[PDB]
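First comes the structure, then the notes that go with it.
Numbers for residues simply follow the sequence, beginning at 1. These values consider heavy atoms only, across backbone and side chains, with no hydrogens, waters or symmetry-generated copies. Remember, it's 1-based here, ligands and their atoms both numbered in the order they're listed.
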Amino acid sequence: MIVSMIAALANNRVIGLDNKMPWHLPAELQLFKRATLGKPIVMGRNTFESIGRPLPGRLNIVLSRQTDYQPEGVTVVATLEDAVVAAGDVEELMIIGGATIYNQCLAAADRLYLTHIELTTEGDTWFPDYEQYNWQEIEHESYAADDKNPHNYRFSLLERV
Ligand SMILES: NC(=O)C1=CN([C@@H]2O[C@H](COP(=O)(O)OP(=O)(O)OC[C@H]3O[C@@H](n4cnc5c(N)ncnc54)[C@H](OP(=O)(O)O)[C@@H]3O)[C@@H](O)[C@H]2O)C=CC1
Ligand SMILES: CN(Cc1cnc2nc(N)nc(N)c2n1)c1ccc(C(=O)N[C@@H](CCC(=O)O)C(=O)O)cc1
């Protein structure tokens with residue numbers, strides 16, 4: 001099983017503000033969907049609340065230590081190890097956030113699916129400093145701003161070296 005993390009970063013690795021993402025960029029969610037459909041997705045409790053529903057076409061695994069926390073349509077696990085057990089023998093597990101989960105799983109990640117957005121915005125959550133490790137890019141895509149998406153963004157799939 002490949003352990004992958006997927007995130008969208010504005011400048012200075014900002015990923016979140018006030019439990020939402022501080023930009024309007026609907027097409028980027030389509031990128032997220034293409035990259036995660038058919039795979040188990042593992043997330044922290046705040047990220048689940050931010051999404052607001054189980055996502056279709058994916059096994060939704062949510063981390064919480066709250067013993068009575070049990071949203072419909074997701075599997076709640078109390079440890080990372082248990083998340084990995086729920087994911088089963090699949091090709092690739094996708095960690096979809098948020099900061100605390102990214103922090104705990106970075107050292108173990110085989111791939112990062114990063115979208116970089118050309119935007120300086122204030123944050124209260126940041127992606128980890130992945131650049132402390134070595135990576136090679138194995139896929140990439142560029143997306144210039146258009147009438148529905150006001151910022152340039154690009155995709156980079158990194159593999160740990
Ligand atoms: N730009 C992007 O790509 C993304 C941005 N985001 C943003 O990230 C932010 C959310 O990140 P953050 O606040 O760090 O929260 P998370 O989504 O990482 O949720 C953290 C919660 O998960 C639970 N938890 C964490 N680690 C463990 C563990 N090892 N075992 C069991 N439970 C655990 C705890 O919940 P409990 O207290 O219930 O135990 C904890 O408070 C939001 O602003 C969101 O919009 C999120 C995803 C993608
Ligand atoms: C807040 N959030 C988390 C989120 C958003 N963008 C990301 N973007 C990247 N690149 N990586 C992430 N981990 C990521 N996570 C959300 C919110 C909504 C939907 C959502 O409704 N997505 C639909 C597609 C969009 C839609 O249905 O309107 C899907 O099927 O994946 C997903 C993630």
Next item on the list: Indicate which of methotrexate, fluzoparib, atirmociclib, runcaciguat is modeled at ligand 2.
Entry: methotrexate
Item checked: Main binding partner of methotrexate (ligand 2), per the PDB entry -> Dihydrofolate reductase
Next item on the list: Mark up the atoms of methotrexate (ligand 2) that fall under 4.0 Å of a heavy atom belonging to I96, in ascending order.
Entry: 13 (N)
Notebook entry, point to check: Taking only heavy atoms of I6, which atoms of methotrexate (ligand 2) are found under 4.0 Å from at least one of them?
Noted result: 10 (N), 11 (N), 12 (C), 13 (N)
Notebook entry, point to check: Which methotrexate (ligand 2) atoms are under 4.0 Å away from a heavy-atom of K33?
Noted result: 29 (C), 30 (O), 31 (O)
Checklist line | Sub-4.0 Å atoms of methotrexate (ligand 2) with respect to non-hydrogen atoms of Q30 | finding: 24 (C), 25 (C)
Note to self: One residue to check: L55. Relative to methotrexate (ligand 2), which of side chain, backbone, both or neither has a non-hydrogen atom less than 4.0 Å away?
What the structure shows: side chain
Item checked: Entry-listed organism of chain A -> Moritella profunda
Margin query: Looking at non-hydrogen atoms alone, which of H116, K20, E28 comes nearest to atom 8 (N) of methotrexate (ligand 2)?
Written below: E28
Margin query: So is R58 touching methotrexate (ligand 2) or not, going by heavy atoms under 4.0 Å?
Written below: yes
Item checked: Residue-ligand contact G97/methotrexate (ligand 2), heavy atom below 4.0 Å -> no
Next item on the list: Considering the heavy atoms of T115, write down every atom of methotrexate (ligand 2) situated less than 4.0 Å from one of them.
Entry: 10 (N)
Item checked: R34, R53, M21: member with heavy atom nearest to atom 5 (C) of methotrexate (ligand 2) -> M21
Margin query: Any idea which residues from other chains are within 4.0 Å of methotrexate (ligand 2), non-hydrogen atoms only?
Written below: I6, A7, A8, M21, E28, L29, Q30, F32, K33, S50, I51, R53, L55, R58, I96, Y102, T115
